[PDB]
Protein chains: 4
Amino acid sequence: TXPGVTXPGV
Amino acid sequence: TXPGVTXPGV
Amino acid sequence: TXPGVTXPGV
Amino acid sequence: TXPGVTXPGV
DNA sequence: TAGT
DNA sequence: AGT
DNA sequence: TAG
DNA sequence: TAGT
DNA sequence: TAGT
DNA sequence: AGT
DNA sequence: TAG
DNA sequence: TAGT
C-alpha cells in the first residue's frame, strides 16, 4: 500500500 | 518517523 | 554522541 | 584537553 | 587560564 | 560540539 | 562539578 | 526527544 | 543511532 | 508492514 | 539510496 | 503479480 500502509496497486 | 515517514524517536 | 563526540543514544 | 577530554594548550 |  |  |  |  |  |  |  |  502507499507507500506506506505502492497503491494498491503499483 | 512514524512509523513510517518511530516518532522520532522510538 | 560519546561522550565526547551520549551514544547515540543515551 | 583535545578537544576534548584544546591540546593542551591551545 | 590559554583554547568538542 | 554532538532523526 | 568536563578536560 | 535523548543525554565530556 | 535509538525505533510501517 | 502492506487478491 | 525511507524516515 | 504488483511496487516509504
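We name chains A, B, ... by the order of the sequence lines, and we start the count at 1 in each one. Unusual residues are spelled as their parent or as X, and atoms beyond the parent do not add to contacts.
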- Query: Drug at chain B: what is it called?
  - Reply: dactinomycin
- Counting non-hydrogen atoms only, which other chains lie under 4.5 Å from dactinomycin (chain B)? F, H, I, K, L
- Task: Look up the name given to chain B in the PDB entry.
- Result: 7-amino-actinomycin D
